[PDB]
Visitor: 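Pasting a structure here, questions to come.
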Amino acid sequence: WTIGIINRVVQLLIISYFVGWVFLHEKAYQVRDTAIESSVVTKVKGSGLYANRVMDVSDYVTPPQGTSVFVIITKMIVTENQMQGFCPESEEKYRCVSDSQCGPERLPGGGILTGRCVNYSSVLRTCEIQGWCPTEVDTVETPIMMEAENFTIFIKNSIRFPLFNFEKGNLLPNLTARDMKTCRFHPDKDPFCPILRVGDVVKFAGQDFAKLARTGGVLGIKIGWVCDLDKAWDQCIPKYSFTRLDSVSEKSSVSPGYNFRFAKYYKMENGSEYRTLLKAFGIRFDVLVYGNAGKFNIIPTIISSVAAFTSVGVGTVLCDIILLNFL
Amino acid sequence: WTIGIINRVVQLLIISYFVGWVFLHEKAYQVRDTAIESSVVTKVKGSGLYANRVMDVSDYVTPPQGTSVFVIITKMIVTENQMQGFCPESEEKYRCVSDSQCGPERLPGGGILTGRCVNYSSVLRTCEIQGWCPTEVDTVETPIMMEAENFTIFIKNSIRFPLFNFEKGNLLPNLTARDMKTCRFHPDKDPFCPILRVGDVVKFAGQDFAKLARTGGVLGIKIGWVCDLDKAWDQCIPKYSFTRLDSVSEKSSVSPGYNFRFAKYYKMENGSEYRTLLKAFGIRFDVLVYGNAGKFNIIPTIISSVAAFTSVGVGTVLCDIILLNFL
Amino acid sequence: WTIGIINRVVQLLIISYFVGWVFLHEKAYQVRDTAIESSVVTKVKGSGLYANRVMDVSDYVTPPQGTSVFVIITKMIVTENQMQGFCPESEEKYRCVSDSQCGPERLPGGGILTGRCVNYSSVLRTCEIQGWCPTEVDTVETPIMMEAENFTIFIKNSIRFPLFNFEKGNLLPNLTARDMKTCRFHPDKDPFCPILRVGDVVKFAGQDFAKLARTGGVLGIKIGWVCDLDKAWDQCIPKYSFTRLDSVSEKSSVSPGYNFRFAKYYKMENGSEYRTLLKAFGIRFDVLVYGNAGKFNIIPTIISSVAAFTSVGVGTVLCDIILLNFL
Ligand SMILES: COc1cc(C(C)C)c(Oc2cnc(N)nc2N)cc1S(N)(=O)=O
Ligand SMILES: COc1cc(C(C)C)c(Oc2cnc(N)nc2N)cc1S(N)(=O)=O
Ligand SMILES: COc1cc(C(C)C)c(Oc2cnc(N)nc2N)cc1S(N)(=O)=O
Ligand SMILES: *[C@@H]1O[C@H](CO)[C@@H](O)[C@H](O)[C@H]1NC(C)=O
Ligand SMILES: *[C@@H]1O[C@H](CO)[C@@H](O)[C@H](O)[C@H]1NC(C)=O
Ligand SMILES: *[C@@H]1O[C@H](CO)[C@@H](O)[C@H](O)[C@H]1NC(C)=O
Ligand SMILES: *[C@@H]1O[C@H](CO)[C@@H](O)[C@H](O)[C@H]1NC(C)=O
Ligand SMILES: *[C@@H]1O[C@H](CO)[C@@H](O)[C@H](O)[C@H]1NC(C)=O
Ligand SMILES: *[C@@H]1O[C@H](CO)[C@@H](O)[C@H](O)[C@H]1NC(C)=O
Ligand SMILES: [Mg+2]
Ligand SMILES: [Mg+2]
Ligand SMILES: [Mg+2]
Ligand code: NA
């Protein structure tokens, strides 16, 4: 019967359409490159106020080179004019009653204990230590640079897909509403402006500057390079996203936030040495570049095609058995 | 007719050859690892002259650890002995006529404005600012360290393909014409010597040292690790390439080059604090490691094979219809 | 004969089992993501002794931010109070007999030669140089901070597979025997504790602290994220490994170990400038994050399936020919 080949042919057509849409969707005809070779250069603009002193970019940004990971310092704890000597440490966990409990077996990873149980103050007696005296007092409260909210991070980024040798940057003037310098990134109003506001990146991360600034944190400015290299070059476009990477699990057991120490090293006119020890809290920024590019290639196209052919060839036989048996 | 199976068999053979060469070419029988786990350690050698002072590696290289991204400083702008205070800023964009136009709404991302319109000089009246005084004057011209051309970057690089747990380095003495220390990288005369000359990397990048040095720039020393792990180990060889990553698009709207500030922090015998503010221009180097390794594996070999079988099985039927119909 | 379809059917079943186990093993039904987007933050705890001075984290860790690559300084060579001037260099390779052999053509990549052959000491006459005087003497022996063995590296790591948008961290309290702070990483007794002991990482690397400390070295703390995202989330677990990346090939020709210089910059009450030049040896740590995630996906499942179907369809025909011919 000719209805055998009309039923057949119709069968073939419908099944072929399903399969074809599925494969063409996922671009299974494409080899993919996922090893994006990115380079990132950043610049911070702004000046803040702290105590009775002004902080400029050289004061609160570290490292100064503009690497993919940098810190804006928002709050700091100063221990000025330390000198090598012996002094009672200030952290309660060094508490003692006798010099018997200041031996080497106590806090083995801690400081260098001299062995003397000495009176730090009238209310607390701690083991004495040799090292930078006086010891740090990391249990006070200090101001935070509010002006950090109005600082700007300018993110130059140049990427290359090496499989296809396709290199492009995120400085796209034909894709920004405003001139390069005047523009600021809004995920909707200007998604390709490379100048981000610190408070913005804080808010897209969905976190509060006051709290973050105080305790420190790690924000990720993610640069994504999903591209179809079958398509025109003007279509390989970077999409920015924002997240808080020091995300706070409910369990905790470790102090959240971000802080690190470093010293400004001075030497006396006398000759002896003395430093200013700084415990710094601020927002670390991690520009995380992702990308993946697809291109037509003879081998994945052939493999995808053969897969389609055979899959339909079986689909019509099983559809014939299900139809003929009618259940 | 036996000519049916001679025509058939010949058909089969030719088509099979085409397909086989295509698949064997792309090594479709291989699973590929593209997540190269690289570690890079660099060392700069050389000394330059600047003003009436000598710069050695500790003076002009930053950071000193030898990371994958480091800067050779070729020109710098010194603002010596800054102190916290009030002074007219020097940048014309702060110009004012009355203190009415030095309110907070002016240059909100700029410095900390005191509110006074003051006479910086007799020809320019700018808003006064609180901060490091005197302000910077970033519109002058200074010399550049020419000797930077004769500096050398020694690039130790150790990579590992984790899918295959295949780790190798780029220090290959059996692959260099000269002893390790005496050798210098030439893309032809010695493509595996890990000691590169700064001016060389500048020239392979195709850019002029004088200009670059003056304005700063970002060069990429790309280490490529394309390897067939089916093949012998002696064949996993690194290939170096060189490119300028701060490439200059015609549109511009942002100053090209590379510069960053940082301060040397001093404290008076009196007690007050004072810094030397340095605006640094130089060549940043970005060692960008790429690699991808192939290996035979049962699954991609089976999939590739099945693809070949079916593709020929259809190719001979369609060749039979085209031949039989003769058009 | 019904034995034709019993032999057939049995054939089909056995071959189908072989193929099915092979494909299901390699999870060929999965698309794989190998572009792990990781962020690493590290903290060092401990204090060491060096000469008659104490070193704390700000003194011996660099950079202080806690990046994926940081150095614990174990031994250092101090050249105190350098000043710009002219002096005979101390390295024997500058040896001369007359000022004729101190011209510009000698050691062109070396220092700035003045041109005078001068008597450094009574036993050695070297070319004079302009630069930081006195010159460095990098041929002496100094102590090493032994307490570095009892220091701890705490490795916070947050990863994201962007293809599947699957983000997880290595801080897993339900996976550690001990509270987060008290725990220490043992590859068996606690493989998910993020606090590693320096001497531990040295020993898992299989190297001796005394020797390493003295000469410097590069250790890699590898964080591996092999995960089946078909499987439950609690199964995406990080596995740590440890290796020495400045591995010593037998050929050598370059000094092993790890060292870098940097200067502490001071200025006189007089006004002139003078630095302390430090040649630092220590253990650099490279947290190298790898990961690869698999997930079921319609396209690789279809391709794998079709491959299986056709492979069995041919396997039974060739098994029929081998059986029928009986050899
Ligand atoms: C410091 O200079 C740079 C540096 C970079 C890299 C190194 C991040 C850069 O990346 C691009 C280069 N080319 C285009 N089309 N887009 C880019 N995003 C642009 C400049 S530039 N010319 O100053 O603005
Ligand atoms: C600082 O020391 C290093 C460091 C590295 C890594 C960390 C970059 C190194 O990488 C190799 C190690 N092994 C081989 N075969 N090739 C390499 N390229 C070699 C030395 S070394 N032994 O001083 O020259
Ligand atoms: C500095 O703070 C951080 C930072 C990070 C990243 C930036 C490395 C971090 O990574 C995780 C975040 N969330 C989970 N579940 N696991 C993690 N490993 C945890 C903390 S935290 N909350 O202080 O301990
Ligand atoms: C580390 O601390 C232990 C005490 O817990 C001590 O016995 C050991 O000697 C220390 N290691 C070094 C190298 O000092
Ligand atoms: C140098 O002088 C300071 C006080 O000005 C003193 O505390 C210190 O001990 C002196 N240095 C030496 C080595 O005596
Ligand atoms: C940022 O600048 C605007 C002026 O453009 C000002 O109104 C605002 O208060 C500033 N933000 C902070 C946190 O000071
Ligand atoms: C310290 O002395 C300098 C001049 O030598 C002076 O300008 C400065 O104001 C003094 N510091 C204080 C706190 O008075
Ligand atoms: C580099 O050294 C050579 C001598 O080997 C010298 O002729 C040349 O002038 C030097 N280059 C520069 C820029 O000084
Ligand atoms: C400053 O004084 C030191 C000695 O205290 C001297 O060596 C140096 O030359 C002086 N500086 C100048 C510029 O004379
Ligand atoms: Mg403390
Ligand atoms: Mg300025
Ligand atoms: Mg030397
Ligand atoms: Na197939």
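Lettering of chains follows the sequences in order, A, B, ..., and the numbering in each one begins at 1. Recorded method for this deposit: X-ray crystallography, 3.4 Å. Both backbone and side-chain heavy atoms feed into the values below; hydrogens, waters and symmetry mates do not. Ligands are counted one by one from 1 in listed order, and the atoms in each one are counted from 1 as well.
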Visitor: Identify the main binding partner of ligand 2 here and report its name as listed in UniProt.
Guide: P2X purinoceptor 3
Visitor: Quick one: what's the drug at ligand 2 called?
Guide: AF-219
Visitor: Identify the other chains in heavy-atom contact with AF-219 (ligand 2) at a 4.0 Å cut-off.
Guide: B, C
Visitor: Identify the covalent link of AF-219 (ligand 2) to a chain by residue and atom.
Guide: none
Visitor: Please list the transmembrane segments of chain B, N terminus first per UniProt, with a heavy atom under 4.0 Å from AF-219 (ligand 2).
Guide: none
